[PDB]
S.K.: 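First the structure, which I've put down as structure tokens, then a few questions once you've had a look.
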Amino acid sequence: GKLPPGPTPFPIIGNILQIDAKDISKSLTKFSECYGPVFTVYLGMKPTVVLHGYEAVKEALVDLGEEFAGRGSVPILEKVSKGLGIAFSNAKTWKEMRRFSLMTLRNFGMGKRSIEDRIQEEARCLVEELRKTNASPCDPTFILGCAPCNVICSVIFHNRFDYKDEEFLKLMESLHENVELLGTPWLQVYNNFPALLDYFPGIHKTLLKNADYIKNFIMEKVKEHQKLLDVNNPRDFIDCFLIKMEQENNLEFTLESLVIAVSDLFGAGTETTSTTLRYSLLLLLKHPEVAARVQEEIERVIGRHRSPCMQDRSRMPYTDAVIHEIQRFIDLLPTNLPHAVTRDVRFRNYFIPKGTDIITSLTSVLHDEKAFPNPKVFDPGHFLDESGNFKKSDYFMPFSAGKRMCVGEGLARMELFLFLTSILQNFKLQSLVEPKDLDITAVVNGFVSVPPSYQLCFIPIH
Ligand code: HEM
Ligand SMILES: O=C(O)Cc1ccccc1Nc1c(Cl)cccc1Cl
């Protein structure tokens, strides 16, 4: 019996007034200092168990993986998914979509053209459009959003779009707008106070219009794929899904579920990778010696006359340590994505009833002071041994862990490695201000820690 301890909840509104509206993780870490690694908080009337620290997070997500494999409250967004898709689905529907997606999203899961090849083509397109900035000051937000989005287009539709393509920009504008409107760390909130929906219908209204533009953009391509389907040679996510439908026995596979599953991948993989890439460049501007050392490794291992490839990563410990350090340092999703227990569970000396929402503090793992000495300081050394070789850490958990762990983790890491090295191989980064005046403090917008706005010049290396 009994839920974990926690701050005394004021009637109806819960612990809201005790949580920093700008930085919930910071609040969760303060609560943990006086309630321990496992505590409860109220985002309204319903209790939410918070897991803080590597041991608690790992014990639940990994050791008790099935119990914590549920997708917690994610209002509106969960509703547009209609219990289908991957991110907000649960039980059998989730299991089948996730299994299908993992098998399909392998490097060579969709024919002879690997996911790596697709990312390499995009890395070249990214370098080309950066050349078009002609070494003038520019905000990289747009182009850095296009590349990741195009990578997903390539793996889903087997097609990429020009960075000036109307529908594509629209897709990104529809994706962006939708994630912005439906942005908040709590998330559990829209499943609580209905009066707020009417006070601020703006956030909830355009979603049907744009999330439908997304669903419509996708459905349109699906129809095109059905006419060109080759059962012996599927070349993208859609074909593989269409084949799974043709033969089948699976009622979980419909054109409706395909559209939603594709919406999820786009939603989960576009903004995260884009933000990480944008934050990467900022950190390189902030610590130019890091950028210089990565370039030294690029020249020595890859050289100047060929595109970087995944095989290069194992031979580039410094660059790998830098990519790991960027993800750990930026802590993209401070509180992960909301989980929920799939059944009554006795976690340690506490009892957690089925359906209870769970929040895991990834910030507490990624910034553990013992696993990463001086955790608030950017230092690739956190992933380097005394001999300059790459050093793994069980605390490197930016993609989460367990049964719900990021489905596109492999794809994301390839994108970071190939885009960053292709960028540093072809350009020197020049900031308008000195590193000492460069703001690198993140501001959590929705679920994501985004870097402050900045501009830079991409000076071609020749
Ligand atoms: C730097 C980029 C990325 C980061 C940091 C990231 C991080 C994460 C995290 C922390 C979660 C939540 C895990 C949980 O519930 O415990 C997640 C979920 C997910 N991610 Fe990513 N992600 C990134 C890129 C990608 C990409 C490129 C794709 C798409 C191909 C994608 C697809 C997914 C999906 C489908 C889920 C939901 C999985 C499920 O509920 O079973 N992610 N991601
Ligand atoms: O699913 C979407 O349409 C995007 C979306 C909206 C709200 C909350 C989460 C997500 N996707 C998502 C996922 Cl699945 C993991 C990490 C980060 C993000 Cl933004």
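We're numbering straight along the sequence, starting at 1. Counting convention: from 1, in listed order, for ligands and their atoms alike. Side chains are part of it too, since the values below use all heavy atoms of this structure and drop only hydrogens, waters and symmetry mates.
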S.K.: Quick check: main partner chain of ligand 2, as named in the PDB entry?
M.R.: cytochrome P450 2C5
S.K.: Mind telling me which of osilodrostat, huperzine A, decamethonium, diclofenac is the drug at ligand 2?
M.R.: diclofenac
S.K.: Measure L333 to diclofenac (ligand 2) on non-hydrogen atoms and call it side chain, backbone, both or neither using the 4.0 Å cut-off.
M.R.: side chain
S.K.: Which residue and atom name correspond to the protein heavy atom nearest atom 8 (C) of diclofenac (ligand 2), and how close is it?
M.R.: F447 CE1, 3.3 Å
S.K.: Could you tell me which atoms of diclofenac (ligand 2), counted from 1 in the order shown, lie closer than 4.0 angstrom to a heavy atom of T272?
M.R.: 17 (C)
S.K.: Which organism does the PDB annotate as the origin of chain A?
M.R.: Oryctolagus cuniculus
S.K.: Starting from atom 6 (C) of diclofenac (ligand 2), locate the nearest protein heavy atom and write down its residue, its atom name and how far away it is, to 0.1 Å.
M.R.: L77 CD2, 3.6 Å
S.K.: Can you tell which part of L187 has a heavy atom less than 4.0 Å from diclofenac (ligand 2): side chain, backbone, both or neither?
M.R.: neither
S.K.: Heavy-atom distances under 4.0 Å are what count here, so tell me which part of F88 touches diclofenac (ligand 2): side chain, backbone, both or neither.
M.R.: side chain
S.K.: How far is atom 15 (C) of diclofenac (ligand 2) from its nearest protein heavy atom, and which residue and atom name does that atom have?
M.R.: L337 CD2, 3.5 Å
S.K.: Quick one: nearest non-hydrogen protein atom to atom 2 (C) of diclofenac (ligand 2), plus distance?
M.R.: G267 CA, 3.9 Å
S.K.: Pick whichever of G408, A268, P338 has a heavy atom sitting closest to atom 11 (N) of diclofenac (ligand 2).
M.R.: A268
S.K.: Within diclofenac (ligand 2), which atoms have a heavy atom of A87 less than 4.0 Å away?
M.R.: 14 (Cl)
S.K.: Which residues lie closer than 4.0 Å to diclofenac (ligand 2) by heavy-atom distance?
M.R.: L77, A87, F88, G267, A268, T272, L333, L337, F447
